[PDB]
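Here is a PDB entry that includes tetracycline.
Order of the sequence lines fixes the chain letters, A, B, ..., with proteins taken first and strands second; residue numbering starts at 1 for each chain. Whatever order the structure lists them in is the order used to number ligands and atoms, beginning at 1. The header says electron microscopy, 1.8 Å. Scope of the values below: all heavy atoms of this structure, side chains included, with no hydrogens, waters or symmetry mates.
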Amino acid sequence: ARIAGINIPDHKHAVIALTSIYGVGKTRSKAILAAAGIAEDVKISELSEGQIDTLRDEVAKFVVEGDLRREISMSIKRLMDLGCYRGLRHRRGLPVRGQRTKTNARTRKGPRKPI
Amino acid sequence: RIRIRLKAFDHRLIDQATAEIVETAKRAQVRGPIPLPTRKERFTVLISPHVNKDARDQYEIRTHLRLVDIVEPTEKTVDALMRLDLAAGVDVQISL
Amino acid sequence: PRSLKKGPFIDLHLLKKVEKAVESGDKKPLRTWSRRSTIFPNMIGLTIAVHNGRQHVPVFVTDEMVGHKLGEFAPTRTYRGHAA
Amino acid sequence: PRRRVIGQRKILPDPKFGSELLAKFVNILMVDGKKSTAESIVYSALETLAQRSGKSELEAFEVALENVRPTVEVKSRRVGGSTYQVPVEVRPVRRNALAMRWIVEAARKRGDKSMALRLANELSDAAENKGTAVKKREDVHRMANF
Amino acid sequence: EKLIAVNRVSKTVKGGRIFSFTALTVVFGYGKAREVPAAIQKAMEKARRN
Amino acid sequence: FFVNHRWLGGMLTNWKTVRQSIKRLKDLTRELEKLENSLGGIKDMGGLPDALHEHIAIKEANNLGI
Amino acid sequence: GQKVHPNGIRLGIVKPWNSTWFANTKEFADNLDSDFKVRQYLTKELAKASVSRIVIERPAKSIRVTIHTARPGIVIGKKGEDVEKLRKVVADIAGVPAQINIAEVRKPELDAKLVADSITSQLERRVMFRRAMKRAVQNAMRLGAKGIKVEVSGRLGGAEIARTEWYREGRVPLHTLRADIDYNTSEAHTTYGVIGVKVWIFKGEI
Amino acid sequence: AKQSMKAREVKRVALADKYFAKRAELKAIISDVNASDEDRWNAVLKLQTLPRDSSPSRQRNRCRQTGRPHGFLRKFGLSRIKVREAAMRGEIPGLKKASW
Amino acid sequence: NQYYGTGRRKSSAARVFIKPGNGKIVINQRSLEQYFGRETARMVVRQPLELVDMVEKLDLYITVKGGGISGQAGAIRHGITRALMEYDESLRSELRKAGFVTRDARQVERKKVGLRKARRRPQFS
RNA sequence: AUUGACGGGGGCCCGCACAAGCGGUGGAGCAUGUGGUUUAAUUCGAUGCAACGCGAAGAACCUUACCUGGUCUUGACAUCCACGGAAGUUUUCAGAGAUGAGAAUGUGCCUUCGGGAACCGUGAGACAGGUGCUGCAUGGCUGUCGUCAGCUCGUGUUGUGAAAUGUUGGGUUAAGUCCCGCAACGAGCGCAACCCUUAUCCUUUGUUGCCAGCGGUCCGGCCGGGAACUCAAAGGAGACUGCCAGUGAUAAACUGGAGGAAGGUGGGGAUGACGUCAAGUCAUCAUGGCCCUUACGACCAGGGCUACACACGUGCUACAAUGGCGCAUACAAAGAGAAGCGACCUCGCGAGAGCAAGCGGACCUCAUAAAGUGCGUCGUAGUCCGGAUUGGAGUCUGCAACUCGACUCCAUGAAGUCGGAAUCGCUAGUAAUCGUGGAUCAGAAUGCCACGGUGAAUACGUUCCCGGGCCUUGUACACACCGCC
Ligand SMILES: CN(C)[C@@H]1C(O)=C(C(N)=O)C(=O)[C@@]2(O)C(O)=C3C(=O)c4c(O)cccc4[C@@](C)(O)[C@H]3C[C@@H]12
Ligand SMILES: [K+]
Ligand SMILES: [K+]
Ligand SMILES: [K+]
Ligand SMILES: [K+]
Ligand SMILES: [K+]
Ligand SMILES: [K+]
Ligand SMILES: [K+]
Ligand SMILES: [K+]
Ligand SMILES: [K+]
Ligand SMILES: [K+]
Ligand SMILES: [K+]
Ligand SMILES: [K+]
Ligand SMILES: [Mg+2]
Ligand SMILES: [Mg+2]
Ligand SMILES: [Mg+2]
Ligand SMILES: [Mg+2]
Ligand SMILES: [Mg+2]
Ligand SMILES: [Mg+2]
Ligand SMILES: [Mg+2]
Ligand SMILES: [Mg+2]
Ligand SMILES: [Mg+2]
Ligand SMILES: [Mg+2]
Ligand SMILES: [Mg+2]
Ligand SMILES: [Mg+2]
Ligand SMILES: [Mg+2]
Ligand SMILES: [Mg+2]
Ligand SMILES: [Mg+2]
Ligand SMILES: [Mg+2]
Ligand SMILES: [Mg+2]
Ligand SMILES: [Mg+2]
Ligand SMILES: [Mg+2]
Ligand SMILES: [Mg+2]
Ligand SMILES: [Mg+2]
Ligand SMILES: [Mg+2]
Ligand SMILES: [Mg+2]
Ligand SMILES: [Mg+2]
Ligand SMILES: [Mg+2]
Ligand SMILES: [Mg+2]
Ligand SMILES: [Mg+2]
Ligand SMILES: [Mg+2]
Ligand SMILES: [Mg+2]
Ligand SMILES: [Mg+2]
Ligand SMILES: [Mg+2]
């Protein structure tokens with residue numbers, strides 16, 4: 001129910017419910033449940049309080065939630081402080097991985113800004 | 001046992017070439033000629049020097065292919081088949 | 001990025017300049033066109049003036065720059081906004 | 001067309017029941033050449049329309065079509081510049097065609113979870129004069145004014 | 001034989017203008033052709049009979 | 001010699017061309033009947049003949065003096 | 001509109017190839033380039049000898065070149081003097097033992113390349129374009145062409161505005177694939193620039 | 001293409017042939033699983049010092065008649081334009097207009 | 001004996017051997033139900049025997065290669081129809097009337113230059 | 001008055017032109033081209049239809065034409081002349097490299113021991129060089145109206161003549177297609193046919209392809225065999241409105257029927273008349289003229305062609321349940337391969353790696369077809385939909401992936417809930433949807449070219465919109481209604 005300081009959904013299958021945690025996708029979710037010894041298709045509601053304890057211990061093996069957000073923030077801050085090309089792309093709010101900016105780039109630029 | 005593979009760009013040419021071989025060798029029982037699959041190699045080119053991307057020519061080279069197998073071959077056969085002279089534009093390939 | 005099995009790439013001309021600069025003592029900027037060279041630990045504390053197509057940009061090398069290419073610190077395009 | 005020499009293509013009867021009417025219906029439901037998918041929807045829908053009627057699957061299909069089939073519709077004609085909306089009689093093939101199209105279009109924008117259920121519910125509603133398909137027939141009749 | 005004048009005449013077509021030549025010859029003959037040489041020949045031919 | 005169906009405009013004033021249809025009939029079933037119902041009575045005439053609704057035929061005859 | 005090349009469209013129907021050798025991809029490009037250099041050399045050397053066509057064959061590790069010529073005597077030369085020079089250069093270009101054979105073009109007035117070359121030679125000597133064209137047509141029809149078309153394009157008579165002129169006599173049915181259409185081209189390099197000549201000669205069906 | 005551009009290609013083909021065995025030798029060491037890290041590193045630094053034009057990837061296929069750097073076909077060694085010209089004159093054996 | 005027929009449809013070709021029996025059908029060493037999942041495919045295969053009323057009077061040994069599920073079903077139908085006509089030539093008129101004797105010659109139309117498909121043109125602005 | 005063109009003049013026709021339909025574009029994210037702006041440079045060209053995933057069938061370096069800086073001057077690429085050197089090859093230093101300077105080793109081949117040339121300098125100066133300009137000086141090649149049914153000529157005849165007739169007319173056709181009439185009679189270029197491919201059959205040959213009946217089995221065409229069948233590919237046969245009925249002018253032809261695998265051009269392709277737009281291309285090439293020549297030529301490194309307030313075009317992927325995910329399991333075609341395709345096995349979560357067969361191929365390899373079907377699960381949520389973006393870690397190609405590669409793994413999980421006015425494609429194995437291959441290519445496709453699988457809806461009609469054909473009529477139009485005034 002409460003894992004990694006967030007409320008996981010009780011109605012969903014365990015494999016899907018754990019992906020509510022920031023830093024846990026499908027692969028890690030399946031690995032957590034393999035390690036904890038819990039079947040993927042069991043609802044969180046159906047698990048015992050001992051089984052939720054085992055999941056907390058398995059989730060504690062990964063950097064998730066606030067620790068992970070801190071790591072990602074610091075990695076971008078490092079680049080922006082380095083003054084490397086990627087750093088400058090982060091500062092300007094443009095694509096960082098070589099994409100065209102003549103068109104598109106709307107995910108990074110946001111909505112069009114009328115001239 | 002002598003496998004003779006013939007290739008040519010012209011089917012009239014290759015059929016003549018195989019007919020020369022089988023005649024020479026049937027004077028040895030041969031097998032064939034076996035008409036193996038023709039390779040059609042195709043090319044599409046733009047025909048304008050500039051632009052006009054939808055203006056193209058499509059060209060083909062057909063490689064015709066025959067196989068003849070010579071069995072219980074004699075000293076005369078290996079000789080008669082080499083004092084033989086096939087037309088140019090027919091590629092010949094022996095395997096023993 | 002370059003396969004780990006092949007190691008990091010550095011141009012030999014730059015490697016030899018850096019080695020001589022390090023052993024000589026604290027230098028004037030090392031002028032280079034080798035934007036593609038990896039920054040190694042022995043470059044820390046050197047200024048490397050890296051070509052950007054038209055001028056050699058001074059890059060004072062720090063520990064955080066190690067593993068990056070020199071060209072990352074010398075932008076090649078000039079942009080200051082449209083409608084200025 | 002201008003030369004107007006258009007004959008019709010041999011529709012195979014549907015495999016289960018042996019109706020060309022129902023084969024046409026499967027074709028109208030079908031998307032992207034996926035006939036096998038469309039057939040399973042139609043037969044699933046018909047099975048439900050049987051157990052909620054107490055009749056043959058095709059009898060209940062007929063009842064639904066009866067209430068959706070238009071008899072008259074409008075056709076635009078350019079006379080004087082201002083284009084009139086002119087009622088004409090619908091011939092019996094087009095009556096079946098429009099009815100099936102309307103039932104499928106009605107069922108596609110229904111809110112039930114599967115298409116088979118959406119379609120069964122549309123045919124049930126059609127067979128007692130309720131849903132959007134019969135409203136389309138009624139709307140067409142209202143327009144059908146020359 | 002006596003050619004008198006050569007006129008260039010024109011008819012308009014979809015494409016543009018088809019220019020052609022007329023030749024007046026007594027020996028009378030009035031020739032028409034695409035070329036001057038052909039027109040004069042046709043004229044001279046007609047001037048014999050006429 | 002006789003022309004007993006349609007007189008072809010130019011039979012004798014354009015004799016040189018109608019002669020080529022004479023040669024054509026002579027060499028050679030429908031192209032036959034179309035020529036034997038027309039040029040079948042001038043096939044051995046060989047040239048401008050001696051003497052002959054038919055305003056056309058009379059007009060051609062006057063041009064040549066036939 | 002643009003028209004298909006009359007020779008190209010009839011290859012294998014009623015027209016033979018000018019190169020008849022087999023090669024796999026390995027040697028194909030190299031053989032085309034050697035053939036190109038052989039034809040380039042022979043066209044240069046035998047410009048005065050009325051060469052219509054150069055057929056190349058490659059039997060085994062060898063080249064056999066047939067030169068179709070209206071003036072065979074001077075190609076061959078003086079008990080085979082000039083032909084022996086050519087062979088040695090052809091063997092050098094090709095890099096294999098060469099054999100030069102000589103085929104006589106009888107009726108050069110019915111050979112599209114020689115007619116086109118004849119016209120372009122006259123245009124370079126400042127002969128009036130219409131007279132060259134008409135003579136070509138008349139000559140071909142005299143010696144029994146079932147038809148001929150000649151086209152000349154460029155700054156005709158040194159005119160500032162370039163134009164195309166053409167003459168035809170007889171039949172030239174270009175859409176008929178079994179029609180024996182001999183087609184070829186030539187360029188006259190004049191003092192006012194290039195004049196292109198095209199000649200089509202029809203010699204009957206099949 | 002300009003005469004200089006055709007000359008650049010001749011130089012590239014020549015250098016590639018000259019250094020082919022040496023380049024393969026150095027790249028074999030750099031690719032060797034079981035080579036010394038000294039040996040690989042030396043080989044990496046050595047491969048750099050050879051002329052850049054000794055790398056085969058520097059060669060651009062050009063039409064053998066015109067030098068055109070686009071529209072090349074490897075079968076013929078010619079650009080699309082010169083392929084067509086030769087094809088229609090019957091100079092490319094076997095090649096004809098295709099329909100199916 | 002065996003009575004034989006070749007059937008073809010799209011890129012499928014079927015070899016069909018028929019003998020007096022009682023309704024065995026084998027296609028590529030598998031039962032009709034195993035080989036074809038779809039009812040339309042199974043219907044298509046059985047159509048000729050249902051028409052002539054010999055569903056449980058004949059054993060069919062079939063092989064088929066090329067094309068897809070519908071191609072192959074159609075190829076088999078054509079093959080069975082031909083084998084039946086070799087068995088009993090009086091059946092032609094009935095099989096002809098049903099439309100089974102015709103080799104359906106509809107094939108995939110080639111892609112063409114300047115088109116996305118055989119007929120689909122690029123969008124015009 | 002004549003020939004055109006044009007008319008919101010008339011008559012008759014045609015084409016996915018409209019209508020009837022089915023799926024799109026226009027909204028979103030991304031790919032890609034263009035404009036614009038920016039820049040040292042963002043190289044040049046393509047511009048309504050007929051430019052804008054176009055030249056480019058593939059810009060990291062190279063390519064490359066552009067920019068910055070470093071350099072060369074008979075020269076990177078030729079010939080001629082003279083002199084001195086065999087050429088090569090190993091290597092060191094300086095330099096970003098171009099290049100400069102050294103070391104070291106070769107000394108042949110032809111050779112009337114007269115020699116010369118294979119190849120290197122270096123020094124002249126005739127020249128070389130130019131992707132410099134003019135596509136409105138050109139050739140060649142191409143687009144376009146349009147695969148539309150037209151466009152013409154000879155001779156005759158008519159008219160003072162420009163011109164007309166033929167070519168119009170009555171029918172009929174996909175068609176100036178054919179018949180009939182007719183001052184025309186004929187002919188040419190177009191139409192059609194001849195060519196390729198696809199649908200049926202026969203003959204021949206039978207491996208590397210085939211397995212019906214045998215015999216045998218390791219149950220695998222696996223083996224002996226067989227030559228039947230599939231198939232391969234050479235040669236034939238077959239469709240002609242030929243047969244029958246009705247209609248029609250005793251015509252052409254049309255409507256329907258038989259037989260037939262196929263029926264009325266069976267389906268698809270190739271094939272583009274005279275001409276039009278001074279249409280496109282001097283940057284494929286060639287070429288008149290002009291222009292530059294210690295530079296507008298040539299070599300090098302690095303940068304740029306990938307920029308980004310923005311606008312437009314073409315695409316891809318979606319928005320889900322006719323679906324997503326998991327497991328299981330069917331059925332293709334076409335093609336490529338030696339500086340190549342690369343199995344098996346082992347290692348790696350994976351991209352891949354190591355080892356290493358086979359195959360210049362009906363044999364080997366690429367090589368899993370996917371949609372489908374069965375079973376299970378999700379339960380209408382911005383979700384178990386979507387997969388943008390970004391962090392971290394890798395792989396491979398390649399001297400080298402910073403600018404600027406593709407791919408993999410973990411994590412992230414945006415917009416988007418079917419798109420306003422408007423607008424596009426398609427008439428059947430089509431559309432729609434699903435995979436597969438190839439060229440270019442070291443590497444780099446959502447593009448292009450090609451291949452099969454599944455497989456629709458609808459067409460009453462020709463009033464309307466767009467393009468076009470034929471006849472006729474008015475015109476003050478001829479730069480031809482985008483006209484004249
Ligand atoms: C820009 N645009 C595409 C123009 C156009 O629409 C044309 C057309 N026929 O439609 C051209 O002829 C047009 O494309 C074109 O080609 C033009 C020209 O050729 C020239 C030349 O060569 C020299 C001087 C003037 C012209 C010009 C004014 O006529 C050019 C106009 C061009
Ligand atoms: K998560
Ligand atoms: K970019
Ligand atoms: K031009
Ligand atoms: K006339
Ligand atoms: K020029
Ligand atoms: K795209
Ligand atoms: K779009
Ligand atoms: K999701
Ligand atoms: K890169
Ligand atoms: K849309
Ligand atoms: K590649
Ligand atoms: K009019
Ligand atoms: Mg990119
Ligand atoms: Mg990375
Ligand atoms: Mg040049
Ligand atoms: Mg390359
Ligand atoms: Mg398809
Ligand atoms: Mg396109
Ligand atoms: Mg519509
Ligand atoms: Mg959009
Ligand atoms: Mg230019
Ligand atoms: Mg541009
Ligand atoms: Mg231009
Ligand atoms: Mg314009
Ligand atoms: Mg570059
Ligand atoms: Mg150095
Ligand atoms: Mg022009
Ligand atoms: Mg006309
Ligand atoms: Mg005609
Ligand atoms: Mg008439
Ligand atoms: Mg019939
Ligand atoms: Mg035709
Ligand atoms: Mg212009
Ligand atoms: Mg460079
Ligand atoms: Mg670009
Ligand atoms: Mg998902
Ligand atoms: Mg490939
Ligand atoms: Mg192959
Ligand atoms: Mg993931
Ligand atoms: Mg939202
Ligand atoms: Mg159509
Ligand atoms: Mg696809
Ligand atoms: Mg007409």
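- All instances of tetracycline together account for ligand 1.
- Ranked by contacts, the top partner of tetracycline (the one with most) is named in the PDB entry as 16S rRNA.
- Other chains in heavy-atom contact with tetracycline below 4.0 Å, by letter: J.
- By chain and number, the binding site of tetracycline at a non-hydrogen cut-off of 4.0 Å is J:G135, J:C136, J:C277, J:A278, J:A279, J:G280.
- Taking 4.0 Å as the limit, the other ligands and ions near tetracycline are ligand 25 (magnesium ion), ligand 34 (magnesium ion).
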